[PDB]
S.K.: 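Just downloaded a structure that has ACHN-975 in it.
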Amino acid sequence: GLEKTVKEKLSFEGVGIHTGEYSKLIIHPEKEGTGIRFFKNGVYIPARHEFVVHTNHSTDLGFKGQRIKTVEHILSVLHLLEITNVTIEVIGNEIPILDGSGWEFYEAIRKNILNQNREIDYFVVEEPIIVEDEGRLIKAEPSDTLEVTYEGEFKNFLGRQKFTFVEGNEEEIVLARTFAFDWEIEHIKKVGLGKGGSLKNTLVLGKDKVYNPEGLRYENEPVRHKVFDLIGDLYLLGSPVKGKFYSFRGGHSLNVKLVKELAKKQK
Ligand SMILES: CC(C)(N)[C@H](NC(=O)c1ccc(C#CC#C[C@@H]2C[C@H]2CO)cc1)C(=O)NO
Ligand SMILES: COC(=O)[C@@H](N)C(C)(C)NC(=O)OC(C)(C)C
Ligand SMILES: [Zn+2]
(Lines of atoms letter the chains of each structure in order from A and count residues from 1; the text may use other names and numbers.)
(Lines give C-alpha, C1' and ligand atoms only; values in the text may rest on other atoms or scores of the structure.)
(Ligands and ions follow the chains in the order given, each with its own letter.)
Protein backbone atom coordinates (compact mmCIF):
# COMPACT_ATOMS: atom_id res chain seq x y z
CA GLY A 1 0.00 0.00 0.00
CA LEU A 2 0.90 3.67 -0.16
CA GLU A 3 2.51 5.55 2.68
CA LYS A 4 -0.14 7.54 4.52
CA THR A 5 -0.49 10.49 6.83
CA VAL A 6 -3.52 12.40 8.16
CA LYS A 7 -5.18 15.12 6.07
CA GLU A 8 -5.43 17.62 8.93
CA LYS A 9 -4.60 17.90 12.61
CA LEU A 10 -6.70 15.64 14.84
CA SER A 11 -7.04 16.02 18.61
CA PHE A 12 -7.94 13.60 21.41
CA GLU A 13 -7.99 14.12 25.16
CA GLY A 14 -8.86 12.47 28.45
CA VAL A 15 -7.51 10.62 31.44
CA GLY A 16 -4.59 8.22 31.18
CA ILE A 17 -5.16 4.75 32.57
CA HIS A 18 -1.95 4.55 34.64
CA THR A 19 -1.19 8.14 35.63
CA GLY A 20 -4.82 9.08 36.18
CA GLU A 21 -3.92 12.50 34.75
CA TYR A 22 -5.76 14.36 32.00
CA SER A 23 -3.74 14.66 28.79
CA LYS A 24 -4.21 15.93 25.25
CA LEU A 25 -2.95 14.71 21.88
CA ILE A 26 -2.61 16.50 18.58
CA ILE A 27 -1.84 14.30 15.56
CA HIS A 28 0.05 16.27 12.89
CA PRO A 29 0.43 15.45 9.17
CA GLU A 30 3.98 14.65 8.06
CA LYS A 31 5.74 14.06 4.75
CA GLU A 32 6.94 10.75 3.31
CA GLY A 33 9.85 9.17 5.17
CA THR A 34 9.08 10.82 8.52
CA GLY A 35 7.85 7.70 10.29
CA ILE A 36 5.67 7.68 13.39
CA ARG A 37 7.00 9.83 16.20
CA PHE A 38 5.78 11.46 19.38
CA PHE A 39 6.54 15.05 20.35
CA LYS A 40 6.68 16.40 23.89
CA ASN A 41 8.26 19.55 25.33
CA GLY A 42 10.26 20.20 22.17
CA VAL A 43 11.60 16.62 21.92
CA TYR A 44 10.81 14.08 19.20
CA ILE A 45 10.48 10.49 20.42
CA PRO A 46 10.38 8.02 17.52
CA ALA A 47 7.93 5.13 17.83
CA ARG A 48 10.75 2.61 17.74
CA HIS A 49 11.95 -0.09 20.11
CA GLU A 50 15.20 1.73 20.94
CA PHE A 51 13.11 4.29 22.86
CA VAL A 52 11.21 1.81 25.05
CA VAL A 53 11.69 2.60 28.75
CA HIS A 54 9.01 0.46 30.46
CA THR A 55 7.02 -2.67 29.55
CA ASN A 56 5.11 -3.69 32.71
CA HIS A 57 1.34 -3.09 32.24
CA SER A 58 2.00 -0.68 29.34
CA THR A 59 4.63 0.14 26.74
CA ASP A 60 6.25 3.51 27.43
CA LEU A 61 8.74 5.53 25.37
CA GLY A 62 11.23 8.20 26.30
CA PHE A 63 14.02 10.34 24.93
CA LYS A 64 16.09 13.16 26.43
CA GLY A 65 14.11 13.15 29.67
CA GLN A 66 10.67 13.31 28.01
CA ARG A 67 8.49 10.25 28.59
CA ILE A 68 5.12 9.09 27.28
CA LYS A 69 3.24 6.22 28.89
CA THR A 70 0.90 3.76 27.20
CA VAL A 71 1.70 4.10 23.50
CA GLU A 72 0.46 0.66 22.48
CA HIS A 73 -3.19 1.46 21.68
CA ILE A 74 -2.62 4.50 19.48
CA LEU A 75 0.26 2.69 17.78
CA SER A 76 -1.94 -0.35 17.14
CA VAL A 77 -4.56 1.81 15.44
CA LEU A 78 -1.92 3.53 13.30
CA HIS A 79 -0.44 0.15 12.37
CA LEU A 80 -3.86 -1.27 11.40
CA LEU A 81 -4.67 1.78 9.24
CA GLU A 82 -1.12 1.79 7.82
CA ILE A 83 -0.55 5.40 8.81
CA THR A 84 3.21 5.69 8.36
CA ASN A 85 4.09 9.40 8.73
CA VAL A 86 2.70 11.45 11.64
CA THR A 87 3.73 13.32 14.74
CA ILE A 88 1.73 12.65 17.90
CA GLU A 89 2.16 15.75 20.04
CA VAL A 90 1.46 14.89 23.69
CA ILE A 91 0.60 17.51 26.29
CA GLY A 92 0.85 15.41 29.42
CA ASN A 93 2.53 12.18 30.42
CA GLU A 94 0.38 9.44 28.89
CA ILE A 95 -1.85 8.72 25.91
CA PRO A 96 -5.55 9.04 26.87
CA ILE A 97 -7.22 5.66 27.44
CA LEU A 98 -10.66 6.84 26.19
CA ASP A 99 -13.09 3.88 26.48
CA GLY A 100 -10.26 1.35 26.91
CA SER A 101 -10.23 0.33 23.22
CA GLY A 102 -8.94 1.74 19.96
CA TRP A 103 -12.38 2.70 18.71
CA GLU A 104 -12.35 6.49 19.01
CA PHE A 105 -8.85 6.76 17.53
CA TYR A 106 -9.73 4.34 14.74
CA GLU A 107 -12.97 6.02 13.69
CA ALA A 108 -11.48 9.52 13.67
CA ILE A 109 -8.24 8.61 11.92
CA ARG A 110 -9.83 6.36 9.30
CA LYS A 111 -11.97 9.26 8.01
CA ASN A 112 -8.92 11.53 7.82
CA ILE A 113 -6.31 9.56 5.85
CA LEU A 114 -4.13 11.23 3.21
CA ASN A 115 -2.47 8.87 0.74
CA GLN A 116 1.10 9.77 -0.13
CA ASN A 117 3.34 9.23 -3.13
CA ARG A 118 5.53 6.22 -2.39
CA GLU A 119 4.73 2.72 -1.24
CA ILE A 120 5.29 1.31 2.23
CA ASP A 121 8.52 -0.61 2.86
CA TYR A 122 7.02 -3.22 5.19
CA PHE A 123 9.02 -5.02 7.83
CA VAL A 124 8.72 -8.52 6.37
CA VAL A 125 9.50 -11.37 8.77
CA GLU A 126 12.12 -13.39 6.89
CA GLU A 127 12.35 -16.67 8.83
CA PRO A 128 10.77 -18.34 11.88
CA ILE A 129 11.65 -17.12 15.36
CA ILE A 130 10.52 -17.91 18.90
CA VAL A 131 11.01 -15.97 22.14
CA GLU A 132 10.15 -17.36 25.56
CA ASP A 133 9.92 -16.23 29.18
CA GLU A 134 8.82 -18.62 31.96
CA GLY A 135 5.91 -20.40 30.29
CA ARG A 136 5.08 -17.53 27.93
CA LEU A 137 6.01 -17.76 24.28
CA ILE A 138 5.72 -15.81 21.04
CA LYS A 139 6.47 -17.26 17.61
CA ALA A 140 6.72 -15.47 14.28
CA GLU A 141 7.05 -16.81 10.75
CA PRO A 142 6.93 -15.38 7.21
CA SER A 143 3.58 -14.34 5.77
CA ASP A 144 2.48 -12.00 2.98
CA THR A 145 -0.24 -10.70 5.32
CA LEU A 146 -0.24 -9.64 8.96
CA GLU A 147 -1.79 -12.45 11.02
CA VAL A 148 -1.74 -12.38 14.82
CA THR A 149 -3.05 -15.01 17.23
CA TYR A 150 -3.18 -14.68 21.01
CA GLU A 151 -3.96 -17.58 23.32
CA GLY A 152 -4.72 -16.86 26.96
CA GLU A 153 -5.06 -19.11 29.98
CA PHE A 154 -7.08 -17.22 32.57
CA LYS A 155 -7.47 -18.17 36.24
CA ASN A 156 -11.18 -17.29 36.31
CA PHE A 157 -14.38 -18.25 34.51
CA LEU A 158 -12.80 -17.40 31.13
CA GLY A 159 -10.47 -20.39 31.15
CA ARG A 160 -8.59 -20.85 27.88
CA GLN A 161 -9.40 -18.64 24.88
CA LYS A 162 -7.73 -17.79 21.61
CA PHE A 163 -8.33 -15.28 18.84
CA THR A 164 -6.72 -14.58 15.46
CA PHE A 165 -6.61 -11.26 13.63
CA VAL A 166 -6.03 -11.21 9.89
CA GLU A 167 -5.87 -8.22 7.55
CA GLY A 168 -9.33 -6.95 6.72
CA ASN A 169 -10.70 -7.81 10.18
CA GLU A 170 -9.49 -4.64 11.94
CA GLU A 171 -13.04 -3.98 13.16
CA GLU A 172 -12.86 -7.21 15.18
CA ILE A 173 -10.13 -5.92 17.54
CA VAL A 174 -10.42 -2.10 17.69
CA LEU A 175 -13.40 -2.24 20.07
CA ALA A 176 -11.85 -4.72 22.52
CA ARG A 177 -11.08 -2.98 25.81
CA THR A 178 -8.25 -3.28 28.27
CA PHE A 179 -9.05 -5.45 31.26
CA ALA A 180 -8.02 -6.19 34.84
CA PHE A 181 -8.72 -8.79 37.50
CA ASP A 182 -10.10 -7.73 40.86
CA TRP A 183 -7.55 -9.75 42.85
CA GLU A 184 -4.66 -8.05 41.01
CA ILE A 185 -5.76 -4.41 41.16
CA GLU A 186 -4.45 -3.70 44.68
CA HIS A 187 -0.92 -4.69 43.66
CA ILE A 188 -1.14 -2.72 40.40
CA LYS A 189 -2.07 0.40 42.34
CA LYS A 190 0.63 -0.29 44.95
CA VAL A 191 3.28 -0.37 42.21
CA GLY A 192 2.25 3.08 41.01
CA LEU A 193 -0.06 2.13 38.13
CA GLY A 194 -3.76 1.96 37.25
CA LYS A 195 -4.57 5.37 38.77
CA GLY A 196 -7.04 6.19 35.99
CA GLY A 197 -8.71 2.80 35.80
CA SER A 198 -12.46 2.61 36.25
CA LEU A 199 -15.47 0.74 34.94
CA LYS A 200 -15.73 3.48 32.30
CA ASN A 201 -12.45 2.45 30.63
CA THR A 202 -11.58 -1.08 31.84
CA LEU A 203 -13.30 -4.45 31.75
CA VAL A 204 -12.98 -5.54 35.39
CA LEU A 205 -13.38 -9.25 36.10
CA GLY A 206 -13.52 -11.42 39.19
CA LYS A 207 -13.14 -15.16 39.63
CA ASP A 208 -16.79 -15.72 38.72
CA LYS A 209 -18.25 -12.31 37.87
CA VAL A 210 -18.06 -9.25 35.63
CA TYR A 211 -18.09 -5.89 37.40
CA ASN A 212 -19.10 -3.75 34.40
CA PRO A 213 -22.92 -3.47 34.22
CA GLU A 214 -22.72 -3.50 30.41
CA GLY A 215 -20.78 -6.78 30.42
CA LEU A 216 -18.26 -7.95 27.85
CA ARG A 217 -18.35 -6.64 24.29
CA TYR A 218 -17.28 -10.11 23.10
CA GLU A 219 -17.01 -13.37 25.02
CA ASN A 220 -13.29 -13.31 24.18
CA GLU A 221 -12.79 -9.55 24.59
CA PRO A 222 -9.59 -10.02 26.67
CA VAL A 223 -7.72 -12.03 24.03
CA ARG A 224 -8.92 -9.69 21.28
CA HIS A 225 -7.41 -6.87 23.33
CA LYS A 226 -4.13 -8.75 23.76
CA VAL A 227 -3.94 -9.16 19.97
CA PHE A 228 -4.58 -5.41 19.64
CA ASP A 229 -1.76 -4.71 22.12
CA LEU A 230 0.69 -6.96 20.26
CA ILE A 231 -0.06 -5.21 16.97
CA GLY A 232 0.80 -1.91 18.66
CA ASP A 233 4.04 -3.26 20.09
CA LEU A 234 4.97 -4.73 16.68
CA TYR A 235 4.87 -1.22 15.20
CA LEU A 236 7.99 -0.47 17.27
CA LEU A 237 9.81 -2.20 14.41
CA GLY A 238 9.34 1.17 12.70
CA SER A 239 7.33 0.03 9.66
CA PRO A 240 4.04 -1.83 9.22
CA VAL A 241 4.67 -5.55 9.56
CA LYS A 242 4.04 -8.61 7.38
CA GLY A 243 4.30 -11.88 9.29
CA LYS A 244 2.31 -14.53 11.11
CA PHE A 245 2.49 -14.34 14.91
CA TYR A 246 1.33 -16.59 17.75
CA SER A 247 1.53 -15.44 21.38
CA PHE A 248 0.82 -17.77 24.29
CA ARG A 249 0.34 -15.67 27.43
CA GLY A 250 2.61 -12.93 26.07
CA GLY A 251 2.62 -9.36 27.31
CA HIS A 252 4.42 -6.12 26.54
CA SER A 253 7.79 -7.29 27.88
CA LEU A 254 7.82 -10.40 25.68
CA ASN A 255 6.36 -8.46 22.74
CA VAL A 256 9.23 -5.98 22.92
CA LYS A 257 11.77 -8.79 23.34
CA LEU A 258 10.47 -10.29 20.09
CA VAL A 259 10.63 -6.92 18.33
CA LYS A 260 14.23 -6.39 19.42
CA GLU A 261 15.25 -9.88 18.27
CA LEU A 262 13.59 -9.40 14.88
CA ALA A 263 15.28 -6.01 14.46
CA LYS A 264 18.68 -7.48 15.32
CA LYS A 265 18.26 -10.40 12.90
CA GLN A 266 17.28 -8.13 9.99
CA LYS A 267 19.52 -5.11 10.74
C1 LIG B 1 -4.62 -5.86 29.77
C2 LIG B 1 -3.12 -5.55 29.92
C3 LIG B 1 -2.36 -6.13 28.70
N4 LIG B 1 -2.65 -6.20 31.16
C5 LIG B 1 -2.85 -4.03 30.01
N6 LIG B 1 -3.74 -3.40 30.93
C7 LIG B 1 -3.27 -3.12 32.26
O8 LIG B 1 -2.22 -3.50 32.65
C9 LIG B 1 -4.30 -2.51 33.16
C10 LIG B 1 -5.56 -1.88 32.59
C11 LIG B 1 -6.59 -1.35 33.57
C12 LIG B 1 -6.30 -1.50 35.05
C13 LIG B 1 -7.32 -0.98 36.03
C14 LIG B 1 -8.14 -0.60 36.79
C15 LIG B 1 -9.29 -0.30 37.74
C16 LIG B 1 -10.20 -0.10 38.45
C17 LIG B 1 -11.40 0.14 39.37
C18 LIG B 1 -11.37 -0.62 40.70
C19 LIG B 1 -12.28 -1.09 39.56
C20 LIG B 1 -13.78 -0.79 39.74
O21 LIG B 1 -14.39 -1.81 40.49
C22 LIG B 1 -5.06 -2.16 35.60
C23 LIG B 1 -4.04 -2.69 34.63
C24 LIG B 1 -3.00 -3.37 28.66
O25 LIG B 1 -4.02 -3.23 28.04
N26 LIG B 1 -1.78 -2.87 28.15
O27 LIG B 1 -1.93 -2.29 26.89
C1 LIG C 1 0.47 -11.64 37.07
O2 LIG C 1 0.64 -10.24 37.05
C3 LIG C 1 1.80 -9.79 36.36
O4 LIG C 1 2.81 -10.39 36.47
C5 LIG C 1 1.76 -8.57 35.46
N6 LIG C 1 3.05 -7.92 35.47
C7 LIG C 1 1.43 -9.06 34.03
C8 LIG C 1 0.21 -9.98 34.09
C9 LIG C 1 2.62 -9.81 33.41
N10 LIG C 1 1.05 -7.97 33.15
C11 LIG C 1 0.85 -8.38 31.75
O12 LIG C 1 0.00 -9.09 31.33
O13 LIG C 1 1.77 -7.88 30.89
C14 LIG C 1 1.35 -6.67 30.35
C15 LIG C 1 1.06 -7.02 28.91
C16 LIG C 1 2.65 -5.93 30.50
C17 LIG C 1 0.22 -5.82 30.92
ZN1 LIG D 1 -3.85 -2.71 26.04
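In chain A, numbers come from the PDB entry; the residues present are 2-268, in order. Whatever order the structure lists ligands and atoms in, that order sets their numbers, starting from 1. When reading the values below, keep in mind they use all heavy atoms of this one structure, side chains included, and skip hydrogens, waters and symmetry mates.
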S.K.: Quick one: which ligands or chains go with ACHN-975?
M.R.: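 Including duplicates, the model places it at ligand 1.
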S.K.: I keep wondering which chain grabs ACHN-975 the most here. What name does UniProt give it?
M.R.: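 The chain with more contacts than any other is UDP-3-O-acyl-N-acetylglucosamine deacetylase.
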S.K.: Provide the residues lining ACHN-975 within 4.0 Å, heavy atoms only.
M.R.: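 The heavy-atom site around ACHN-975 is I18, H58, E73, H74, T179, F180, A181, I189, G198, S199, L200, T203, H226, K227, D230, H253.
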S.K.: Looking only at protein heavy atoms, identify the closest one to atom 25 (O) of ACHN-975 and say how far it is in Å.
M.R.: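 So the nearest neighbour among protein heavy atoms is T179 OG1, 2.7 Å.
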S.K.: I can't find it - what organism does the entry give for chain A?
M.R.: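 According to the entry, Aquifex aeolicus (strain VF5).
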S.K.: Students should be able to answer this: which protein heavy-atom is nearest to atom 18 (C) of ACHN-975, and at what distance?
M.R.: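 The closest heavy atom on the protein side is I186 CD1, 4.3 Å.
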S.K.: Just need the protein heavy atom nearest to atom 14 (C) of ACHN-975, so name the residue and atom and give the distance.
M.R.: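 Going atom by atom, the protein heavy atom closest to atom 14 (C) of ACHN-975 ends up being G198 CA, 3.6 Å.
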S.K.: Could you check atom 3 (C) of ACHN-975 against the protein and tell me its nearest heavy-atom contact, residue, atom and distance included?
M.R.: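 Among all protein heavy atoms, the one nearest atom 3 (C) of ACHN-975 is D230 OD2, 3.2 Å.
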S.K.: Within the structure, does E73 bring an N/O atom to less than 3.5 angstrom of an N/O atom in ACHN-975?
M.R.: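 Among all N and O atoms of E73, at least one is under 3.5 Å from an N or O of ACHN-975.
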S.K.: Enumerate the atoms of ACHN-975 whose separation from the nearest heavy atom of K227 is less than 4.0 angstrom.
M.R.: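 Checking each atom against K227, I get 3 (C).
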S.K.: In chain A, which UniProt active-site residue has a heavy atom closest to any heavy atom of ACHN-975, and what is that minimum distance to 1 Å?
M.R.: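 Going by UniProt and heavy atoms, that would be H253, 3 Å.
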S.K.: What is the closest protein heavy atom to atom 4 (N) of ACHN-975, and at what distance does it sit?
M.R.: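 Residue, atom and distance for the closest contact: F180 O, 4.5 Å.
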S.K.: Which residue holds the protein heavy atom closest to atom 7 (C) of ACHN-975, what is that atom called, and what is the gap in Å?
M.R.: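 For atom 7 (C) of ACHN-975, the nearest protein heavy atom comes out as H58 O, 3.8 Å.
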S.K.: Would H226 count as a polar contact of ACHN-975, with the cut-off being nitrogen or oxygen pairs under 3.5 Å?
M.R.: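 In this structure, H226 places an N or O atom under 3.5 Å from an N or O of ACHN-975.
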S.K.: Where is the nearest protein heavy atom to atom 26 (N) of ACHN-975: which residue, which atom, and how far?
M.R.: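 Going by distance alone, atom 26 (N) of ACHN-975 is nearest to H253 NE2, 2.7 Å.
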S.K.: Using a heavy-atom cut-off of 4.0 Å, name the UniProt Zn(2+)-binding residues of chain A that are that close to ACHN-975.
M.R.: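 The UniProt-listed residues with a non-hydrogen atom that close: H74, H226, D230.
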S.K.: What protein heavy atom sits nearest atom 19 (C) of ACHN-975, and how far away is it?
M.R.: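 The answer is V205 CG2, 4.0 Å.
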S.K.: Pairs under 3.5 Å, N/O atoms on ACHN-975 and on the protein: can you put them in a table with the distances?
M.R.:
| unit_1 | atom_1 | unit_2 | atom_2 | d |
| --- | --- | --- | --- | --- |
| ACHN-975 | 6 (N) | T179 | OG1 | 3.0 |
| ACHN-975 | 8 (O) | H58 | O | 3.3 |
| ACHN-975 | 8 (O) | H58 | ND1 | 3.2 |
| ACHN-975 | 25 (O) | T179 | OG1 | 2.7 |
| ACHN-975 | 25 (O) | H226 | NE2 | 3.0 |
| ACHN-975 | 25 (O) | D230 | OD2 | 3.4 |
| ACHN-975 | 26 (N) | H58 | O | 3.4 |
| ACHN-975 | 26 (N) | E73 | OE2 | 3.1 |
| ACHN-975 | 26 (N) | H253 | NE2 | 2.7 |
| ACHN-975 | 27 (O) | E73 | OE2 | 2.4 |
| ACHN-975 | 27 (O) | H74 | NE2 | 3.1 |
| ACHN-975 | 27 (O) | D230 | OD1 | 2.9 |
| ACHN-975 | 27 (O) | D230 | OD2 | 3.3 |
| ACHN-975 | 27 (O) | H253 | NE2 | 3.0 |

